[PDB]
> 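Here it is, the structure in full.
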Amino acid sequence: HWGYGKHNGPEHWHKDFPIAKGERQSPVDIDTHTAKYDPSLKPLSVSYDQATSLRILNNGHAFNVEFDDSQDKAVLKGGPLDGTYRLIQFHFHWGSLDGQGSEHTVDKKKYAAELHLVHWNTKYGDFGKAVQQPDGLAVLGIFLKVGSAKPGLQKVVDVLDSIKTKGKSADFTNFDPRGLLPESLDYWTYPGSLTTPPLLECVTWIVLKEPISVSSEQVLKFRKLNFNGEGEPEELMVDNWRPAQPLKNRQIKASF
Ligand SMILES: NS(=O)(=O)c1cc(C(=O)O)c(NCc2ccco2)cc1Cl
Ligand SMILES: [Zn+2]
Ligand SMILES: [Zn+2]
């Protein structure tokens, strides 16, 4: 029954998922003065032109926009990655106030939200197999700050009213995730983990430097979602972020 409350929040996860205190947990704070430029990183390739969204789901901790990954449509390659990774879903983490909500931080700065585009390494054949490997996933993370609206986000925020509570889903076809990317693909990268249980240490993190801006009204509608299921007392879905974890031996590399 893990979650983000006082009794089931991130300081409790280790009891059911002892890897929470592992050697390569996420998220982390990105200290921009310790991260080193790595000229050996290859150019990053985000190929989302043929992405096919299917559905949007409130899963009790966030909402997933899910993609048909049965073929090689929307893929992420290059940068630190070896091979091809297929997009399977994206989701966000956000706070109750604009001063918090991201998972990664940048010189301890917290953004209002953070977008995660989750991809799995097609050499392992399916997602389930990929999450048994130290290079099975790649997550593209993008910070959200509040300012001007992101037009590319409005189809997402407008469907949220139809998936208010845990377990609800809605059809969500033809959504183009290219509409959520910033201008620059400059990034930081490090090896890490899922930020939610089961916290598997299977992820190459690629965190973009440039945030996207969304409006106060768009993030306010994120905060109207519910953690609870239908007819249950209302628990607003806010602060669904894990705080920064110990970097341990790892090295954060910059692509710029
Ligand atoms: N927050 S996150 O981007 O680290 C993340 C978050 C989630 C999530 O479900 O919140 C998730 N679900 C799929 C899954 C199940 C086991 C391994 O990956 C995958 C990822 Cl990578
Ligand atoms: Zn959940
Ligand atoms: Zn996430």
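Along the sequence shown, residues carry numbers from 1. Remember, it's 1-based here, ligands and their atoms both numbered in the order they're listed. Side-chain atoms are counted along with the backbone in the values below, which use heavy atoms only and exclude waters and symmetry mates.
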> Which one of furosemide, climbazole, flufenamic acid was assigned to ligand 1?
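Of those, furosemide.
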> Look up in the PDB entry the name of the chain with the most contacts to furosemide.
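Chief contact partner: Carbonic anhydrase II.
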> Could you tell me if any non-hydrogen atom of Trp205 lies under 4.0 Å from any atom of furosemide?
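Distance cut 4.0 Å: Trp205 passes for furosemide.
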> Counting residues of chain A that contact furosemide, which UniProt domain comes out on top?
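Most contacts sit in UniProt domain Alpha-carbonic anhydrase.
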> Could you tell me the residue and atom name of the protein heavy atom closest to atom 20 (C) of furosemide, and the distance to it rounded to 0.1 Å?
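Of the protein heavy atoms, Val118 CG2, 4.0 Å lies nearest.
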> Quick one: nearest non-hydrogen protein atom to atom 15 (C) of furosemide, plus distance?
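Looking only at protein heavy atoms, the one closest to atom 15 (C) of furosemide is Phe127 CE2, 4.1 Å.
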> For atom 12 (N) of furosemide, what is the nearest protein heavy atom, given as residue, atom name and distance?
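Here the closest protein heavy atom is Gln89 NE2, 3.9 Å.
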> By number and element, which atoms of furosemide are closer than 4.0 Å to a non-hydrogen atom of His91?
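The list of qualifying atoms is 1 (N), 2 (S), 3 (O), 5 (C), 6 (C).
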> Taking 4.0 angstrom as the limit and counting only heavy atoms of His93, give me the atoms of furosemide inside it, by number and element.
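Heavy-atom distances to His93 below 4.0 Å select 1 (N).
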> Within a distance under 4.0 Å of any heavy atom of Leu194, pick out the atoms of furosemide and give their elements.
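That gives atoms 4 (O), 16 (C), 17 (C), 18 (O) of furosemide.
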> Give the residue, atom name and distance (to 0.1 Å) of the protein heavy atom nearest atom 10 (O) of furosemide.
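Looking only at protein heavy atoms, the one closest to atom 10 (O) of furosemide is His61 NE2, 2.7 Å.
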> Students should be able to answer this: which protein heavy-atom is nearest to atom 4 (O) of furosemide, and at what distance?
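For atom 4 (O) of furosemide, the nearest protein heavy atom comes out as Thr195 N, 3.0 Å.
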> Provide the number and element of each atom of furosemide under 4.0 Å from a heavy atom of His116.
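Furosemide atoms under the 4.0 Å threshold to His116: 1 (N), 2 (S), 3 (O).
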> Among protein heavy atoms, which sits nearest to atom 21 (Cl) of furosemide, and what does the distance come to when rounded to 0.1 Å?
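Atom 21 (Cl) of furosemide sits closest to the protein heavy atom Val139 CG2, 3.6 Å.
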> What protein heavy atom sits nearest atom 6 (C) of furosemide, and how far off is it?
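Among all protein heavy atoms, the one nearest atom 6 (C) of furosemide is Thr196 OG1, 3.3 Å.
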